[PDB]
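Reading through the structure tokens given below for one structure.
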Amino acid sequence: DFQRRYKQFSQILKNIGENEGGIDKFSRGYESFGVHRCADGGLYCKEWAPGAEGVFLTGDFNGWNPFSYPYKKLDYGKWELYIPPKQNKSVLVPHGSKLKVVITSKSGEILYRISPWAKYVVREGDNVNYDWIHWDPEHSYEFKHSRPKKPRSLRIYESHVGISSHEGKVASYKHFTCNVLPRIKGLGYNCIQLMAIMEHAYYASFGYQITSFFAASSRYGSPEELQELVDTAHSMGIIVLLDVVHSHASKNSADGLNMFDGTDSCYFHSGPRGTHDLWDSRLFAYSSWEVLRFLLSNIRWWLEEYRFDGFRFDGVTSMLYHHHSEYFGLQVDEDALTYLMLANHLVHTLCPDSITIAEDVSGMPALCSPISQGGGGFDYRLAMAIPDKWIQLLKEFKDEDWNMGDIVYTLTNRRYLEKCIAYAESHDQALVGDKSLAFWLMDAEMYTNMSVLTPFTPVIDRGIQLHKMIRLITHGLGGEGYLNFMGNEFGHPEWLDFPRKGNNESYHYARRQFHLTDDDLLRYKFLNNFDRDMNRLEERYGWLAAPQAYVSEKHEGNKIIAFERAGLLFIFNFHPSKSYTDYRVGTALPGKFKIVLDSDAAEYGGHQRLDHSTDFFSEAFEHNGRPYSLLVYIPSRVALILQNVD
Ligand SMILES: C[C@H]1O[C@H](O[C@H]2[C@H](O)[C@@H](O)[C@@H](O[C@H]3[C@H](O)[C@@H](O)[C@@H](O)O[C@@H]3CO)O[C@@H]2CO)[C@H](O)[C@@H](O)[C@@H]1N[C@H]1C=C(CO)[C@@H](O)[C@H](O)[C@H]1O
């Protein structure tokens with residue numbers, strides 16, 4: 001029940017007001033928790049560690065003396081320490097040097113921890129654990145550019161910084177900034193979804209095993225270099241979203257958030273409930289006031305310090321249903337959902353133009369509706385049914401048996417007030433044990449016939465053609481936003497895989513062969529050219545922000561799908577062999593229609609059969625529930641977008 005959820009949110013928010021002075025003040029914990037050089041040269045420190053017997057600071061700066069700097073036990077399980085400034089006015093904890101919090105347990109155990117609030121952590125050489133590096137650089141980065149105007153419609157480039165080069169190594173923030181952003185802009189994307197930024201010790205977790213929640217991952221470079229990346233993306237008109245992983249945490253205790261104060265509670269729930277058996281991860285105790293301070297402050301942190309334009313919250317389904325659309329009727333974890341409501345509230349009160357996206361597979365209603373209505377407050381959900389339908393079709397059905405009605409139903413079956421992000425394939429489908437669309441479509445011929453020096457075989461023909469069309473149907477019909485994972489826009493060959501046991505720390509597939517699209521002797525350029533033109537076209541006409549399409553034809557015999565959105569006329573011939581010569585298509589208004597996009601074009605790897613100068617007229621002639629009709633010529637496996645120029 002939604003009246004209850006909102007009464008509950010309102011009560012917790014009211015308390016944050018009466019006890020912490022508002023959610024703004026509340027979410028600024030990072031200003032005192034942690035380690036801070038003060039303006040007077042001393043060092044102020046603070047932790048939450050309710051099960052600790054004692055808390056201490058140690059590191060290079062004091063010769064790893066475990067107990068010479070003990071914190072004072074405060075009310076509510078918190079601890080604070082202030083080291084006086086040195087008489088000789090020199091720095092107490094030098095920039096770049098190592099620290100550790102020391103926790104003494106009820107058992108008399110001596111624990112070494114990285115601060116839950118740590119800015120920066122580095123793994124040195126062949127070491128097992130991460131070190132906590134004090135970060136007090138001489139020159140902080142000054143942001144020089146303002147937020148881009150809020151985009152009418154989101155065209156999202158899903159990105160991972162480490163793999164963004166052709167080299168089998170962890171690529172850098174700097175590399176990304178100089179060499180990848182310009183590419184993302186050139187393609188017509190107006191938003192970047194930045195994966196794997198929150199610190200994670202295990203690279204092959206694809207960024208999902210968080211060890212330090214406030215740390216910009218050190219893999220790629222320094223905190224300053226991330227800021228520059230974000231600042232630079234803004235200068236180019238591109239907005240940047242962060243993957244927020246607040247659904248679970250790595251079981252690491254040496255350099256992770258687990259067992260911080262020697263307990264299995266603290267930031268997490270005690271008992272089996274507080275562990276995620278399949279992910280082997282800890283689960284936050286969202287009911288706990290300090291866990292709300294931590295997570296909400298984390299959101300504020302990413303907003304203020306790195307100037308992100310929004311967030312995608314990963315693992316929302318687990319947050320709601322970990323205890324357990326066959327999801328109707330299940331009991332939701334209202335603690336988790338209240339946190340998400342508070343998060344969204346915070347993000348949108350600080351800036352209404354900020355964007356949040358939920359990764360939720362359950363399709364729970366009201367996740368994307370207003371908080372005042374008992375909803376989660378997300379702007380967007382990912383449309384996860386769509387990648388499934390393409391996989392199903394390609395795996396289980398000859399082309400002659402594809403159902404247009406099923407395709408139209410899956411892409412348009414949406415809740416009217418929920419904006420969602422449509423994409424044709426996920427980052428998960430790009431991984432080792434899986435198949436990409438390009439590979440589903442082309443299998444082994446992807447390694448033999450992607451060169452313009454080889455025959456344009458029927459396999460490669462079909463592959464090139466369907467790749468474009470699947471993307472375009474998804475892009476025009478599927479949602480209120482589009483997403484594309486790094487490389488899939490030009491049909492990147494092979495697969496993605498990270499260094500791990502299973503491959504002897506191989507970086508060989510941990511990269512992106514971006515050069516493939518710059519090679520004129522290869523055929524990737526075709527897929528790439530189409531992507532760029534697809535996005536520039538939407539930028540001009542704005543079909544993502546338009547109401548749902550009016551589907552005029554979902555014809556199973558001819559395999560034709562035709563619809564209107566934002567006034568444009570979309571026509572798909574999915575037939576594996578037949579082409580159509582005087583094919584009548586319904587239209588809303590009469591007049592002269594012209595091709596504005598044609599997948600048969602040569603620059604797209606098409607067959608170049610259409611004359612774009614031919615005028616298409618729709619006269620008053622009723623067809624398929626439309627008051628007007630035009631006649632078009634449309635080949636097998638071609639998509640057309642026609643505009644009314646009257
Ligand atoms: C409302 C209050 O909740 C939180 O405080 C709790 C701690 O987080 C818990 O870990 C737990 O720790 C300590 C025991 O309460 C205490 O009896 C003692 O045995 O030490 C325990 C650990 O060694 O319990 C705390 C109370 O549930 C939260 O951290 C705290 O900030 C919250 N306090 C707010 C309320 C008021 C008055 O309305 C103000 O005085 C505070 O400034 C607020 O922060």
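Position 1 is the first residue of the sequence; numbering continues from there. Values below: every heavy atom of this structure, side chains too, minus hydrogens, waters and symmetry copies. Quick check of the header: X-ray crystallography, 2.8 Å. Counting starts at 1 for both ligands and their atoms, following the listed order.
- Per UniProt, the macromolecule making the most contacts with ligand 1 here is 1,4-alpha-glucan-branching enzyme.
- Between rifamycin SV, zosuquidar, rifaximin, acarbose, lividomycin, the one at ligand 1 is acarbose.
- A heavy atom under 4.0 Å from acarbose (ligand 1) is present in none of the residues that UniProt lists as binding (1,4-alpha-D-glucosyl)n in chain A.
- Of the UniProt active-site residues in chain A, the closest to acarbose (ligand 1) by non-hydrogen distance (1 Å) is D314, 24 Å.
- Taking every heavy atom under 4.0 Å from acarbose (ligand 1), one finds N19, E20, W48, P50, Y76, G77, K78, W289, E290, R293.
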